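Snake venom metalloproteinase atrolysin-D in complex with batimastat.
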2 protein chains.
Amino acid sequence: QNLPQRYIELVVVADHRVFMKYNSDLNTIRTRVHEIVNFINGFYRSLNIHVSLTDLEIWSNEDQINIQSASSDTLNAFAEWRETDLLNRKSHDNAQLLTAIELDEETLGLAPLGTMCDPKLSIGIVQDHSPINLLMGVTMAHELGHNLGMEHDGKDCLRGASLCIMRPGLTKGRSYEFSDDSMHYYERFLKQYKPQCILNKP
Amino acid sequence: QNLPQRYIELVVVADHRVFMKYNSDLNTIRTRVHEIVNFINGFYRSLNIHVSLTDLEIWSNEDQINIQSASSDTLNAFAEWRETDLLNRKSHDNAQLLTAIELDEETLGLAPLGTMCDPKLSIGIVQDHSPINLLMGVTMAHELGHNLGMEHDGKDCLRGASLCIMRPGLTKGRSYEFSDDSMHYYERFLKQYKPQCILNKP
Ligand SMILES: CNC(=O)[C@H](Cc1ccccc1)NC(=O)[C@H](CC(C)C)[C@H](CSc1cccs1)C(=O)NO
Ligand SMILES: CNC(=O)[C@H](Cc1ccccc1)NC(=O)[C@H](CC(C)C)[C@H](CSc1cccs1)C(=O)NO
Ligand SMILES: [Ca+2]
Ligand SMILES: [Ca+2]
Ligand SMILES: [Zn+2]
Ligand SMILES: [Zn+2]
């Protein structure tokens with residue numbers, strides 16, 4: 001287990017549909033997100049990654065992109081905007097989108113593989129699908145995981161009593177952990193792609 | 001549960017018996033210890049502790065304390081040496097003595113409980129008992145665990161396929177982890193004692 005200290009500067013963007021859903025109360029969205037970054041961190045402990053929230057942007061007025069049901073299409077719109085608007089203003093390593101649209105083929109999240117630190121592709125879309133901050137943490141941790149070159153595990157993946165975070169579907173539980181495969185998908189990525197943006201302590 | 005980033009400044013002291021074991025070659029002793037620490041770091045990824053090899057003291061000429069079979073006699077003797085001699089020469093957090101003497105009840109390790117940062121009791125004893133750096137790494141990690149307020153786990157403690165590091169006796173294996181209990185023992189340790197010495201990045 002030779003993994004050096006890495007740091008991710010995360011910016012979560014909450015859409016207009018999220019804004020409406022929590023009765024327009026911003027302090028409610030802030031707290032949820034903050035708790036979620038807390039669960040992510042606990043999961044990434046063994047990987048030696050520390051996830052830091054640099055900015056949380058709530059589209060309280062109007063949606064900056066056309067939020068669609070087709071996950072890959074919204075993924076597309078969010079990439080162009082990250083590059084030309086958010087990254088133009090805020091220096092950040094990764095950007096995740098918190099949408100409340102009921103995603104097409106029952107997709108609860110989507111992110112491209114092995115893309116951490118790419119101007120266009122260092123992103124992910126997470127659907128606000130559970131009132132339990134834990135199942136949302138595993139969700140966002142799952143998508144960040146794909147950014148770090150992690151492929152899926154088996155459906156019957158378990159690590160002790162814990163559920164492997166990189167499973168293809170979401171099963172409810174109380175203990176979730178990353179599998180040895182995930183640790184290996186990341187070890188190779190770090191040596192292969194060698195992400196430059198994740199070394200600075202925020 | 002998220003545990004903060006802590007850093008232990010470790011000094012390993014190899015006695016004359018260890019010096020006479022590796023044919024007076026300091027290089028080999030240096031390479032044995034360097035790898036043992038790497039293994040300690042891997043076990044500690046989960047608890048957010050990084051261990052640094054601050055200095056390696058090899059008593060090449062003669063022992064500075066009376067090395068005795070009685071583990072407890074040697075522990076208390078090494079404790080007062082560390083406080084009056086070593087601490088006043090090398091600023092460090094914890095000091096582990098690597099001895100080559102066959103300890104009393106077939107003892108392979110001994111260290112004080114919940115004593116990290118103490119000028120006298122932030123110590124430990126490790127017997128050079130296995131030519132496999134991994135087992136040597138668990139032995140030193142077990143004793144640093146005691147220093148961090150960790151008490152023993154069950155006779156047959158298992159966190160998945162991995163053997164708990166805090167078992168009262170060493171069973172030869174290929175993967176080791178710290179159990180939930182050990183993670184809670186250290187949590188309480190941090191909250192209760194607020195050790196200052198483990199906050200600076202070396
Ligand atoms: C990148 N997207 C994916 O890999 C697909 C999307 C999908 C789902 C169902 C059908 C077709 C596609 N899986 C997921 O999103 C997952 C499941 C959804 C239903 C919440 C995914 C992981 S679930 C688990 C993690 C640990 C134990 S179980 C999740 O919570 N991620 O954030
Ligand atoms: C503070 N002293 C102790 O707790 C006593 C000392 C002792 C040993 C044998 C018999 C009686 C007493 N046990 C230990 O040292 C242990 C035993 C020795 C054999 C290495 C302890 C084993 S933990 C485990 C990690 C993985 C599986 S089991 C160790 O590797 N530690 O470093
Ligand atoms: Ca960065
Ligand atoms: Ca220190
Ligand atoms: Zn996935
Ligand atoms: Zn013990």
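Order of the sequence lines sets the chain letters (A, B, ...), proteins ahead of strands, with each chain counted from 1. Heavy-atom basis, side chains included; hydrogens, waters and symmetry copies ignored. Read the numbers this way: they start at 1 and go in the same order the structure lists the ligands and their atoms.
- The location of batimastat, copies and all, is ligands 1 and 2.
- Chains touching batimastat (ligand 1) with a heavy atom below 4.0 Å, listed by letter, come to A.
- The binding site of batimastat (ligand 1) (heavy atoms under 4.0 Å) is made of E106(A), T107(A), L108(A), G109(A), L110(A), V138(A), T139(A), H142(A), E143(A), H146(A), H152(A), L163(A), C164(A), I165(A), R167(A), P168(A), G169(A), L170(A), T171(A), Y176(A).
- Checking only distances, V138(A) never comes within under 3.5 Å of batimastat (ligand 1), N or O to N or O.
- Polar contact with batimastat (ligand 1): present for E143(A) (N/O pair, distance under 3.5 Å).
- Restricting to residues UniProt lists as binding Zn(2+) in chain A, the heavy-atom distances under 4.0 Å from batimastat (ligand 1) involve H142(A), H146(A), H152(A).
- Of the residues UniProt lists as binding Ca(2+) in chain A, a heavy atom under 4.0 Å from batimastat (ligand 1) is found for none.
- In the vicinity of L110(A), heavy-atom distances shorter than 4.0 Å reach the batimastat (ligand 1) atoms 1 (C).
- Listed by number with element, the atoms of batimastat (ligand 1) under 4.0 angstrom from any heavy atom of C164(A) are 25 (C), 26 (C), 27 (C).
- Atoms of batimastat (ligand 1) found under 4.0 Å from any heavy atom of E106(A), numbered from 1 in the order shown, are 8 (C), 9 (C), 10 (C).
- Polar contact with batimastat (ligand 1): absent for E105(A) (N/O pair, distance under 3.5 Å).
- Contact atoms of batimastat (ligand 1) toward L163(A): 27 (C) (distance under 4.0 Å to a heavy atom of the residue).
- Checking distances below 4.0 Å from batimastat (ligand 1) gives these other ligands and ions: ligand 5 (zinc ion).
- Taking only non-hydrogen atoms into account, the UniProt active-site residue of chain A lying closest to batimastat (ligand 1), to the nearest 1 Å, is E143(A), 3 Å.
- Interface of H152(A) with batimastat (ligand 1), defined as ligand atoms under 4.0 Å from a residue heavy atom, comprises 4 (O).
- In terms of N/O distances under 3.5 Å, batimastat (ligand 1) is not approached by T171(A).
- Near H146(A), with a cut-off below 4.0 Å to any heavy atom, the atoms of batimastat (ligand 1) are 1 (C), 4 (O).
- Any N or O atom pair closer than 3.5 Å counts here, and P168(A) shares at least one such pair with batimastat (ligand 1).
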